[PDB]
Amino acid sequence: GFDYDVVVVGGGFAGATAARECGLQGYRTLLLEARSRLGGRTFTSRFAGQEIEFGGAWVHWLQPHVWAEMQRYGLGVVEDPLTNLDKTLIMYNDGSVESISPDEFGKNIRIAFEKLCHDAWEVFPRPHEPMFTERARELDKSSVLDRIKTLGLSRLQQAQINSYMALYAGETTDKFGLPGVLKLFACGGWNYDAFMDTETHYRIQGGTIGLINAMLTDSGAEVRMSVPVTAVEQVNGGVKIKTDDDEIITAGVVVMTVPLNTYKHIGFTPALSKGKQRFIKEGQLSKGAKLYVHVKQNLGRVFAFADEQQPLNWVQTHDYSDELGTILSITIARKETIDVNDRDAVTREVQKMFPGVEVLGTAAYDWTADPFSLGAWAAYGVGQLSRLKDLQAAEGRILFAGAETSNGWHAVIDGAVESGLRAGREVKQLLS
Ligand SMILES: Cc1cc2nc3c(=O)[nH]c(=O)nc-3n(C[C@H](O)[C@H](O)[C@H](O)COP(=O)(O)OP(=O)(O)OC[C@H]3O[C@@H](n4cnc5c(N)ncnc54)[C@H](O)[C@@H]3O)c2cc1C
Ligand SMILES: CN1CCC[C@H]1c1cccnc1
């Protein structure tokens, strides 16, 4: 008799949902978390006196799985105001910064987006079966820049949507797969307004950590923190999991939910399938990071795009007041473009967009540097989505979940919740 029935690896949303599924089944469930905190690529902290989100935290009811979880646990929405900006700006790869006044900005970006996903519906009638139509399979041969070039856009709108998709790719759009973007838009209802409503509009009452804690308290599982898994060995119709302090924990099955980019630091015995190995060594493309700045001046509601060779690719105002000053929430698609390491560099680069600003405070998360994320959100490279199956397939008594392994909203929390549900299904399968 092994130590536990099931061992979940990773205290993210995927792992939390899997642990809940298997605990409600009455299995002896243990969850191991490398970091000293739960939530994984979601993390609520505080800066300059207020609550902030260094990772994922915005959800929507058009996302079925996490919304069902919120319903089950009674978690309401918290709406961030995103109405009538005071200044919308677009910075180009050459450093040019032009202030467009909102409505024109918004409608030209709508044009660029809709023409980018012109064939979304036909290519993806079933967003949850990404490669149902094989025309999506053939489009996975293409980049998103490949179609951006063939859509004949404005220079303004080309810059807009290319910075958008560089954010979504955590990379340069030349490496960004096309079918992933099209499928994500499909899941959103093939509609620009509805899909955009699921961007940075609604957060979870009590926070992503609130939902994580609800799921974990419910599951009844044992949660160990600051316990990294370094190796897994399938033996004896079960599995042995090795921690970084060389302790062995036996289980009937293990559900791996740690990000793809980190699989390279876990040794599997015997070796995983060849497609799984290829995926593990490729990983995914996103190299983003989160950054909050706080400057003396009040700049009101503000939004700003920046294309892929500028650093502060996504910028919006978190809060504003004549006395407090201004707080800038910012997402960077690639950490090699700006090192939030440097308050000098952050001040320089934000002054390039809001000339004459006094930087009071800085707070940053470099997800690319974190050993247990080695990247940000899921972002498929060219040709990856079409073989997603290899990453999903269970290998013996080893089950694989995680946002990157989901079929629907792969680039956000919902993908992780769906991963966990599927993992629980497979666990029930192999333990009944
Ligand atoms: C800046 C940013 C903004 C985002 N915005 C949103 C958003 O607004 N809305 C949204 O829905 N999603 C958003 N996303 C996506 C989102 O936060 C993630 O997709 C989601 O958390 C995926 O969860 P996961 O379980 O699949 O993986 P993770 O949450 O990363 O879970 C992996 C866990 O495994 C652990 N781990 C790794 N290696 C080991 C090991 N060897 N042993 C033990 N444990 C290990 C890690 O510590 C981590 O806790 C955002 C992400 C980022 C980074
Ligand atoms: C949650 N999204 C998934 C793709 C990129 C990420 C995102 C969206 C908006 C602002 N910052 C990050």
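Residues take their numbers from the sequence shown, with the count starting at 1. Just so you know, these numbers use all the heavy atoms, side chains as well, and skip hydrogens, waters and symmetry mates. In each ligand, atom 1 is the first atom listed, and ligand 1 is the first ligand listed.
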What does the PDB call the drug placed at ligand 2? (S)-(-)-nicotine
Main binding partner of (S)-(-)-nicotine, per the PDB entry: Amine oxidase
**Request:** Report any other ligands and ions found less than 4.0 Å from (S)-(-)-nicotine, or state none.
**Result:** ligand 1 (flavin-adenine dinucleotide)
Taking the residues UniProt annotates as binding (S)-nicotine in chain A, which ones lie under 4.0 Å from (S)-(-)-nicotine, judged by heavy atoms? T331
**Request:** Find all residues with any heavy atom less than 4.0 Å from an atom of (S)-(-)-nicotine.
**Result:** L167, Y168, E199, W314, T331, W377, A411, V412
